[PDB]
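Numbers here simply count residues along the sequence, with the first being 1. If you're wondering, the header gives X-ray crystallography, 0.8 Å. The analysis underlying the following values was restricted to heavy atoms, covering all of them including side chains, and did not include hydrogens, waters or symmetry mates. Whatever order the structure lists ligands and atoms in, that order sets their numbers, starting from 1.
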Amino acid sequence: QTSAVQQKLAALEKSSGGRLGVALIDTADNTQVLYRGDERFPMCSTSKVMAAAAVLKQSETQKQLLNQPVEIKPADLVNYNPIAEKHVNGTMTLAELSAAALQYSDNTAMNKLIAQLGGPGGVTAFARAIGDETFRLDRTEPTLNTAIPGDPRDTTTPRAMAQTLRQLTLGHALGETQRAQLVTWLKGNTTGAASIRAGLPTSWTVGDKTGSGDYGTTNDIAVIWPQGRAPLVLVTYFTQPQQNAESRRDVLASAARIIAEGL
Ligand SMILES: *C(=O)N1C[C@H](NOS(=O)(=O)O)CC[C@H]1C(N)=O
Ligand SMILES: [K+]
Ligand SMILES: [K+]
Ligand SMILES: [K+]
Ligand SMILES: [K+]
Ligand SMILES: [K+]
Ligand SMILES: [K+]
Ligand SMILES: [K+]
Ligand code: NA
Ligand code: NA
Ligand code: NA
């Protein structure tokens, strides 16, 4: 069937010219709302949640892991690294790298998380360990953001990413202190106010991770604590036909607004 919410998302998509993917989980009743929920989309910087969570999982058996220093060298800088560039010829701890990757979307920091996991496949392996058979990370930063239509590399589906985000932030994929740390990091994101958050009532609390890439790819994954009800998990992924298309965070906000109006 096609629900009223799905019809509205289709109308939004038609006006956008691009391809929109949405997955909601309402933890009040475990129900789901999906739009292109099983189609693949390039994750771009939203993949940083999986990498940070995988390091948090490692830290469950190493009390000092998050304080371990990692050297930052001039050659490690990539296309966007506002935190790491302040530490060139020095070090950042794994906690500092996780916070920078999640809250400032520092791509050098993400590369250090990937390296701590043994490469992109270490991120995929963690996804599999927590029940996500769909996620794949194949490349490092910045090439994981090429976002080429039809390319399976560095993609997931909205359904899989919503389920994973639920298990990481509200479920038991991580230990309790690690889950709380991930939630704290997401709630302190600096980059999200134009995306899912912009479509929701002010009173609702959001923790999220955005992403963007070529093909006008514009993404956000969020945990939401609405006024007066149990938390929601919402993924909104968007990608466009031409390589140099402009970002469309407003489309993500519009998708979130439709979802909220449909509860
Ligand atoms: C993540 O998708 N990237 C790193 C950085 N993310 O900032 S955003 O989440 O606010 O878009 C810039 C865009 C992107 C990249 N292409 O490196
Ligand atoms: K800087
Ligand atoms: K920022
Ligand atoms: K792993
Ligand atoms: K699963
Ligand atoms: K902060
Ligand atoms: K908010
Ligand atoms: K094209
Ligand atoms: Na900054
Ligand atoms: Na900036
Ligand atoms: Na872009």
Name of drug found at ligand 1: avibactam (bound form)
Binding partner of avibactam (bound form, ligand 1) (most contacts, the PDB entry): Beta-lactamase
4.0 Å heavy-atom contacts with avibactam (bound form, ligand 1): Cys44, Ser45, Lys48, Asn79, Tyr80, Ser105, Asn107, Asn145, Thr191, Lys209, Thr210, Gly211, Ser212
Distance-only N or O hit between avibactam (bound form, ligand 1) and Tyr80, under 3.5 Å: no
Atom 9 (O) of avibactam (bound form, ligand 1): the protein heavy-atom neighbour that sits closest, reported with distance to 0.1 Å: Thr210 OG1, 2.6 Å
Shortest protein contact, atom 2 (O) of avibactam (bound form, ligand 1) (heavy atom only): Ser45 OG, 2.2 Å
Nearest-neighbour protein heavy atom for atom 16 (N) of avibactam (bound form, ligand 1), which is reported as residue plus atom name and distance: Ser212 O, 3.2 Å
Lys48 N/O to avibactam (bound form, ligand 1) N/O under 3.5 Å: no
Heavy-atom nearest neighbour in the protein, as seen from atom 17 (O) of avibactam (bound form, ligand 1), with distance rounded to 0.1 Å: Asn107 ND2, 2.8 Å
For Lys209, atoms of avibactam (bound form, ligand 1) separated by under 4.0 Å from a heavy atom: 9 (O)
Distance-only N or O hit between avibactam (bound form, ligand 1) and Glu141, under 3.5 Å: no
Per-atom contacts, avibactam (bound form, ligand 1) versus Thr191 - under 4.0 Å to a heavy atom: 10 (O)
Avibactam (bound form, ligand 1) covalent link, residue and atom or none: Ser45 OG
Closest protein heavy atom to atom 6 (N) of avibactam (bound form, ligand 1), given as residue, atom name and distance to 0.1 Å: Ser105 OG, 2.9 Å
